Structures are given as C-alpha cells and as structure tokens.
**Q** 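Okay, handing you the structure first.
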Amino acid sequence: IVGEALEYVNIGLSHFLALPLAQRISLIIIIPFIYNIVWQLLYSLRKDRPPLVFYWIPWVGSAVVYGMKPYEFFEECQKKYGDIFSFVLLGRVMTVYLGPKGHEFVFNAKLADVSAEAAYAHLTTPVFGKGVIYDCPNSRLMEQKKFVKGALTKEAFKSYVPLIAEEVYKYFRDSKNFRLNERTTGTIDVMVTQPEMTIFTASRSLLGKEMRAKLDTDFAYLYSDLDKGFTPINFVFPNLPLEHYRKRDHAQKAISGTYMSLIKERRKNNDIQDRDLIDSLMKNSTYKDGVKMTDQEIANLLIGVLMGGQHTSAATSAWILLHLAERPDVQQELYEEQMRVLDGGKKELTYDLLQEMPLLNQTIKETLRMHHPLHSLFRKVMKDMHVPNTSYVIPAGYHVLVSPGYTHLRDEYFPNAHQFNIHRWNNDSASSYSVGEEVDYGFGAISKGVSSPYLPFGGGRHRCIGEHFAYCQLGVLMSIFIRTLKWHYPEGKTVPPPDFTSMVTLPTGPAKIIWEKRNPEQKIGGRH
Ligand code: HEM
Ligand SMILES: O[C@@](Cn1cnnn1)(c1ccc(F)cc1F)C(F)(F)c1ccc(-c2ccc(OCC(F)(F)F)cc2)cn1
C-alpha cells in the first residue's frame, strides 16, 4: 500500500519537528549545502548555459576569490572553461565574457537587453544623491552626459591648464608633504598626496574658485566623509543604521547644499559666465522634453562627476609615479621632451603644448593599460540574450560582467603585457581613437565598434566622457612633476599590487616614494 507511505511522511515530519535544536539547526545548514551541490551538478548538464564555476558556501558563491584577485580568478576560469563562464556572487549570477568579443557582447548590448542603472543604482545613488546618473532612466543619463561634456571642451581645457598648474605649484609650496621652498628632498605616500592634488586641481577647474576655497576650511572634512561613502559595500549594504552611513548622508546634504547655495546666488546676481562646470550646467541642463534639472539634481550631478573623476584620476597619477619611481630612464626621457617642447622651461605650459608631448601622453596611456581603474563593469540582463556562435542563453535576472582591464594584461594583445613600456605606443599617443564608424547615443559621436583590446574608458552608451579632462589634468600634473622633481623608491621597495576590493584598482598602501628637487634653489612664488 502506498497510502501507508504517506502516513509515514506525516509521521516523519512530526518526528523531524521534534528533533533537538542541535540536530535541526544542523539540518538547516546541511540541507541547502547539499541541495546547492546537487543543483550545480544538474546545472552543468544544461548546454544552453555557460559553464558555472563550482562553489561550496551557498549564496556567497565565488565572492572571496573574485573580490580579492579578479584577474587571477578570470585566468583560472578562462583556462578551465574558455572565455564565457558564470560564477555566483553574493546572491547573484555573473556571466563573464572575456576578450574583445566580450567587450562587444556587453558594451554594445541593446538598450532593451541590459541595464546599467539596475546594476549600479545602490552603489552610487546614496553617495551622489537622487535623480541623476543611475537614479533615473537611461535617456536622462544620456542627456546628463551631454550637459557635462558641453563644459568639457578644448577651449575649456585651455583655460583649465594654467588653473591646474597653479594648484600643483600651490601644493608643492604649501603641503606638508612637500614644502619645496624649505625642503629639497622628502618621502611621500602617493596615496596621501594624489587624492589631495586631484581634488584641489579638479575643484579649482570644474567647480570654480569659491568651491576650491572651501577645501582650505573645515568643510574639507565633509568631502572626506562623503568619500568614505564611495565603497563597493554599498552593493550589499547601501543603507545601515551605523555611523559611517550618517556622516556620508550628512556630507551629501551639506555638500550639495553648498553647490545649490552658489547656484542660487549666481542666478540672483546673474553672475552666470563660462568659468566652471557650475556656470555650464546652469546654462545648459534642460532635457529635450522641456524639463529643467532642479538645483538639487544639478548639484548631485556635480558630486557624481567630481567623485568619479576623483578616484580614477588619483589612482592613475599614483600608479604613474610608482612605475616611474623605478624607471629613471623613463623620467630622463620625459624630462628631455619637456625641455624640447617648452624651450628649456621658458614656454608656459598650455593645452596645445600638452598635445605636443607624445611620450608624456604615452606614459598615461601605458599606465592606464597596466592599471585599468575599473576591473569589472556590470549590467543586469533584462531579457534573455543569445550568445552568438554558441548555444548559450543568458536568462533575464543574470548579470553580465565585462573586463577590458583583463585583456590589457594579456600577452596575445600586448606583447610582454606585464612590462611597463611606453614605447609600445610610439606614433599612437592618443588617449584613444575610433578605428572607424561612429554613433551618437545622445552625448556625441563615439566609436561604434568596441572590439579594441584597449578600452580604458569603456564603450557604447555608458562610455566615459572624462577622458580628455583626465588627460588634461594628468598631463599638467605630470609635466610639473617631471620638470620639478626626480624620485625613486625607498631601498628594496617596488610597485605595489593593486587593491581590487576597492572602488578603483588603487595601489595597496602605504606606497612611498622619495622625491628630490631637480633645482634645490628653485622657489615657488606667492603668499602663504
Ligand atoms: C583616467 C580616468 C578615467 C577612466 C580610466 C575612466 C573609466 C571609465 C569607464 C571604464 C567607464 C564606463 C563604466 C561602465 O561601462 O559601467 C566610465 C564612465 C563614465 N565616467 Fe569615467 N573614467 C575616468 C575619468 C573620468 C572623469 C575625469 C570623469 C568626469 C569628469 C568621468 C565620468 C564618467 C561618466 C559620466 C561616465 C558615464 C557612465 C555611464 O554613462 O554609465 N570619468 N569611465
Ligand atoms: O563608473 C563609475 C566610476 N567612474 C568614475 N569615473 N569614471 N567611471 C562612475 C560613473 C559615472 C559617474 F558619474 C561617476 C562614477 F563614479 C562608477 F559608476 F562609480 C563605478 C561603477 C562600478 C564600479 C565597481 C564595479 C565592480 C567592483 O568590484 C569590486 C568588488 F567586487 F565589488 F569588490 C568595484 C567597483 C565602480 N565605480
């Protein structure tokens, strides 16, 4: 009789409920652990799914090894399963597509197939504020990028260069890390100096003199507070009743308030010029459907732009210094270019003269190859995607993960990829260049193909608009570093490994270099 079997399901259920809590809280952990191992083995038999990396702890997935060393994880996975493979990350399924075909599959994915804001909104909305970037539909983001880029013109760059140069020299004069009028040599942590130099140069040029003046006050602490809110933790715990979260949110309110204060005072005096990004968004932030951005949204977009460029740029100048510190040959070669292009230093550095410095630009270009600030770019898959020339279907609710930074470091696309060699870019010093046809998603013509193995600024609709600002900033900064200082490592030190757990792939610190003045008796003028 099978009826007697069902009685014993009932009985056995009643006996299960009566086991000691030693056994039951055992069995609450044992049952999903074994059910997970069963589900994976069954999953491995589906041929319409990319291979899934095996993991033990349910939900947590491969998070630990991915988070700590993602390029090593990808290379081991790539040897095992080829270029397309999935792995489980703190509750989500990430499908990785390595190589140029992966750049194409993700960066050029149809707007209806994937969503960046669905992957990213919790990462950034708590830090930037509401209504901008990833807290708004894609069509709003596109036009927001059009607004910001409209202030990022070559004529803006010609005016930013002397301003950035003034900040770099101010920092050499006044910062405790240098004091070039009092000290001719010294030790700095590049992960202390570069964030400060970056925010000082970016504030002065994009935000204007008033906002730059605030960082000389206690207001600087709010920037520090807000900056600590910029962490990948926000992926999992975006809001918590802790203290870190309170100063972050306070700082966002306080900083966006200072921006709205300045915006509302410029409009009441009609003090609206072409000075900085604030003027620019004030004159040009009405969407095509007629909606104006609010003063709050404009301020929030300013925080997003300044914050993103802060961490990519600061990490990149740190890496440039760290690589050059063990390459006095490269510093020497860069210095000769500076003497030739600037008539032994008797020409004032201009945006135009920066474009005549191919080796300096190639040094930035090579640093960005070896240290892509963003090792992984995410999209949430919104409807099922067929992976061309496979039987693979990526179902909706998965995520796709693209990693041009991994391809940057492959010998097949960059011979001797782990060697720093700026001369691999000889007669190719452009920050990037569209290898053919262009398309415009709402913020300007950009390259249509994204199959280049070198993609420091991504591609497609979510492509960076900061590239020329970053090269302007990095170029002025490194031109002055080169002309002012030599530097090298403390004894037995070398290039640190990256910190992949962070918001960008910044160097693991402290990472110290010893600078020395090229001209001990050179003084920097001005009052302090
Ligand atoms: C060397 C410096 C930088 C590098 C390597 C870099 C890299 C990138 C990458 C890879 C993306 C694509 C992200 C994705 O597909 O999810 C991106 C997007 C973006 N970046 Fe940058 N960035 C840099 C500096 C800047 C600067 C200086 C700014 C602003 C002044 C900026 C603002 C933006 C914006 C607005 C986006 C658009 C994101 C979207 O539309 O989804 N970045 N950047
Ligand atoms: O793409 C950024 C960064 N940026 C900065 N400049 N250019 N791009 C961004 C985009 C637009 C902005 F307005 C401001 C931004 F900061 C971003 F949206 F925040 C962003 C997206 C993803 C990531 C990121 C993705 C994956 C990560 O994995 C590491 C982890 F496994 F979580 F530990 C860590 C970080 C970081 N920043």
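In this chain, numbering begins with 1 at the start of the sequence shown. Header says: X-ray crystallography, 2.2 Å. Ligands are counted one by one from 1 in listed order, and the atoms in each one are counted from 1 as well.
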**Q** Could you peek at this structure and say which chain has the most contacts with ligand 2? A name from the PDB entry would do.
**A**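 Most heavy-atom pairs under 4.5 Å are with Lanosterol 14-alpha demethylase.
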**Q** State which drug is located at ligand 2.
**A**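 PDB records name it VT-1161.
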**Q** Give the residue, atom name and distance (to 0.1 Å) of the protein heavy atom nearest atom 7 (N) of VT-1161.
**A**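 Of every protein heavy atom, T312 CG2, 4.1 Å lies nearest to atom 7 (N) of VT-1161.
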**Q** What is the closest protein heavy atom to atom 32 (F) of VT-1161, and at what distance does it sit?
**A**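 Atom 32 (F) of VT-1161 sits closest to the protein heavy atom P232 CB, 3.5 Å.
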**Q** For atom 15 (C) of VT-1161, what is the closest protein heavy atom, and at what distance to 0.1 Å?
**A**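 Going by distance alone, atom 15 (C) of VT-1161 is nearest to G308 CA, 3.9 Å.
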**Q** Flag atom 2 (C) of VT-1161 as yes if some protein heavy-atom distance to it falls below 4.0 Å, otherwise no.
**A**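 No.
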**Q** Can you tell me which residue and heavy atom of the protein come closest to atom 17 (C) of VT-1161, and the distance to 0.1 Å?
**A**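 Looking only at protein heavy atoms, the one closest to atom 17 (C) of VT-1161 is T124 CG2, 4.5 Å.
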**Q** Protein non-hydrogen atoms only, distance under 4.0 Å: does atom 9 (C) of VT-1161 have such a neighbour?
**A**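 Under 4.0 Å from atom 9 (C) of VT-1161, zero protein heavy atoms found.
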**Q** Which atoms of VT-1161 sit under 4.0 Å from any heavy atom of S376?
**A**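 Numbered from 1, VT-1161 contributes 25 (C), 26 (C).
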**Q** To which of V504, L374, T505 does the heavy atom nearest atom 36 (C) of VT-1161 belong?
**A**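 Among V504, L374, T505, the closest heavy atom to atom 36 (C) of VT-1161 comes from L374.
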**Q** If you count the atoms of VT-1161 from 1 in the order shown, which ones are under 4.0 Å from a heavy atom of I133?
**A**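 Answer for VT-1161: 13 (F).
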**Q** How far is atom 20 (C) of VT-1161 from its nearest protein heavy atom, and which residue and atom name does that atom have?
**A**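 Scanning the protein heavy atoms, the shortest distance from atom 20 (C) of VT-1161 goes to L123 CD2, 3.9 Å.
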**Q** Nearest to atom 14 (C) of VT-1161 by heavy atom, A119, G67, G304: which?
**A**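 The residue whose heavy atom sits nearest atom 14 (C) of VT-1161 is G304.
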**Q** Among all the protein's non-hydrogen atoms, which is closest to atom 33 (F) of VT-1161, and how far away is it?
**A**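 For atom 33 (F) of VT-1161, the nearest protein heavy atom is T501 O, 3.7 Å.
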**Q** Name every other-chain residue that has a non-hydrogen atom under 4.0 Å from VT-1161.
**A**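 Non-hydrogen contacts come from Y66, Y120, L123, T124, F128, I133, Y134, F230, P232, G304, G308, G309, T312, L374, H375, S376, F378, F500, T501, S502, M503.
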